[PDB]
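Figure: risedronate in its bound pose on Putative farnesyl pyrophosphate synthase.
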Amino acid sequence: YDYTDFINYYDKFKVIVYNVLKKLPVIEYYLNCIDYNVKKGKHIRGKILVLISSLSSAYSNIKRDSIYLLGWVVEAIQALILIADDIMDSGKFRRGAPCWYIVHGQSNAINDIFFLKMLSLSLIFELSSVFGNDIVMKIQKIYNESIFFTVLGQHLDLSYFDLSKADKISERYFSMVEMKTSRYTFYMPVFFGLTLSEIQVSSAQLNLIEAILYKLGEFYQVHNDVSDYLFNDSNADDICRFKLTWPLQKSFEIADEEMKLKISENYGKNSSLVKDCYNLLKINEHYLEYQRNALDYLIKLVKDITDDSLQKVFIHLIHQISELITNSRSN
Amino acid sequence: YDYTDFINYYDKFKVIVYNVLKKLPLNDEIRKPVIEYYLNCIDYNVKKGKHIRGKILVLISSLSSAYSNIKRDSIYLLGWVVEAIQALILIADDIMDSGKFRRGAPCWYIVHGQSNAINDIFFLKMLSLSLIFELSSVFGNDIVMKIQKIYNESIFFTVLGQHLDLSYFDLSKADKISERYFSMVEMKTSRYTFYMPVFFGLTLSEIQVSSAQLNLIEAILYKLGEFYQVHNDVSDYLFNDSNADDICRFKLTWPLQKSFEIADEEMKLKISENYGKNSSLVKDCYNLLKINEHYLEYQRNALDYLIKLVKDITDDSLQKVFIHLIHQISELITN
Ligand SMILES: O=P(O)(O)C(O)(Cc1cccnc1)P(=O)(O)O
Ligand SMILES: O=P(O)(O)C(O)(Cc1cccnc1)P(=O)(O)O
Ligand SMILES: [Mg+2]
Ligand SMILES: [Mg+2]
Ligand SMILES: [Mg+2]
Ligand SMILES: [Mg+2]
Ligand SMILES: [Mg+2]
Ligand SMILES: [Mg+2]
């Protein structure tokens, strides 16, 4: 898909950030800050905004530029969340490049989160002249609910669980995942798209596709979690960082009372032994039947969308995310 | 002014906060001591302080258009929103600056760690955002969009002001040291400390249409902002001797710029070489030159220009609010 000239609007997006910086060295700093954190990447979430904006809306106005801007606002929102995540999680690299807090220091990274946010806020606020109040208003409500949940989701990510009390530690996983990841990644860009378009209207037909974004997000984080276990070797990984994650969630689900003991002990000092078990528990295997069932259930759900115009972009959506996750390091 | 009713709204605000945080249905909500984490966060960060800016907004809003009932609570609420804004800004500032105490108590980042401190900042940001969206039902959309525009402008200026505050490259030969500082300070302090609550206050009061010399008020709040920060800086030079402070941190300070207007080529080497290495020695030159001296001259002219400016306000009603403001600020600075 393209998505071109969504990417190419970056140029025009930079100029709008540049002209907002009439306050009146710092411009150069923050222009580079957005180049480092917003320019880099696949831009999946800003891409979800254009897709949904696509069949849903009918060619009338030059809101298209405005839709692209908002597609870059979502990218700055994603970026600022990740610069904040890499600090807490002692991240080393992201998007093939050292984390912003490493190149620029922690104090500047914290302040820079504040920059992107207010930038985000300001570019939104100035979409009133294009879609008017109602649209902007409905867009700002989505924004608030999205990040609010991500923060609480992130809080749960920081809040240590009770490994011994693993009766519904899985219930704590998915809930957390819905909070921290699922919302901003999927709910936010889509609902931002649904608004700009003003699709007409299937409101009662909104929970279904809501259940779609909940699984898309679950699926996204679940695979994120396995990759770390599968390819990260360090003392600043999920296990060495004592984090509630899909492999540990499942392990406690599949393991005898003798292996869950070996994991509770070494979590998390020796990540070595924790993974040893994951292999004898064949977690990797279990994620594959997940990945498998994840796909078709989304198709099940997709096949039920009534609009038949909303189902088109949601057909691309399911594809785009699954291709992201299955066309990885395969071997 | 018997600011007491506002302070007593805290319970309703906290009720309004607890009521929102209903995030999970279906289940018994076994995973919600999250609420008890953040209720504690609010008690720890927003309840403490002395609550100045909050007061400023309520004072303003009520004084240029007094509410009689109902809208008052939405003014009190916002004033508590203001407070949660200032708190989140200072939690971030204390991390960046390695602070130890705030509002009497130990810094939130120390107590709960900086991974949580950063997350908790944007809890308060997002709550404040969603709470300011609350007023829509009471004041209307055009009044909310105006609030939001003020919120944005103000925190955005502070963010770039904090960047200039963190600015690593502060060279030797600097003539713009006073320009870089007073601008820095305009951006990081002047905007949000007194502009934000006063421009919140008088959006809610919505009175009146004075547009021409409504710059005059901005010229007062600026002076008041830098006035407040210049004190903060002096106080740092005077009242601590920790193993590491504002000079151990190469921070652009008031005792540093007005020390580069009076000193000599030779003394401009003492301060330069020992900055971020030995506060004592750097404090001795300050001492020689007597920074607290010319700081007194500063306050005099600062209150002189301030008072003369307030004599020019068009509304004798606003004028008194502004005189009262500056009086409460000057004194409070003198605590
Ligand atoms: O990419 P990362 O850092 O593995 C992660 O997925 C990024 C992230 C941050 C915030 C919300 N959701 C996911 P995390 O959750 O920190 O494991
Ligand atoms: O109270 P502090 O930390 O002395 C200070 O005034 C707090 C502060 C932070 C942000 C804006 N204005 C003041 P700083 O500026 O860090 O010296
Ligand atoms: Mg991470
Ligand atoms: Mg994490
Ligand atoms: Mg991960
Ligand atoms: Mg400080
Ligand atoms: Mg500071
Ligand atoms: Mg200070």
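Sequence lines set the chain letters: A, B, ... in the order given, protein chains first and strands last, and positions in each chain run from 1. Values below: every heavy atom of this structure, side chains too, minus hydrogens, waters and symmetry copies. One-based numbering, in listed order, for ligands and for the atoms of each.
Every copy of risedronate included, the relevant parts of the model are ligands 1 and 2. By chain letter, those with a heavy atom nearer than 4.0 Å to risedronate (ligand 2) are B.
Under a 4.0 Å non-hydrogen cut-off, the residues that form the binding site of risedronate (ligand 2) are B:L90, B:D93, B:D97, B:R102, B:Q162, B:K188, B:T189, B:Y192, B:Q229, B:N232. Among the atoms of B:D93, some N or O lies under 3.5 angstrom from an N or O of risedronate (ligand 2). Remark: risedronate (ligand 2) and B:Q229 share an N or O pair separated by less than 3.5 Å (distance only, no angle test).
At a 3.5 angstrom cut-off on N or O pairs, B:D97 counts as close to risedronate (ligand 2).
Taking every heavy atom of B:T189 and a limit of under 4.0 angstrom, the matching atoms of risedronate (ligand 2) come to 12 (N). Considering backbone and side-chain N/O of B:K188, one or more are found under 3.5 Å from N/O of risedronate (ligand 2).
For a threshold of 3.5 Å applied to N or O pairs, the pair formed by B:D94 and risedronate (ligand 2) contains no separation below that value. Of all protein heavy atoms, the one closest to atom 5 (C) of risedronate (ligand 2) is B:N232 OD1, 3.4 Å. Between B:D246 and risedronate (ligand 2), no N or O atom pair is found at a separation short of 3.5 Å.
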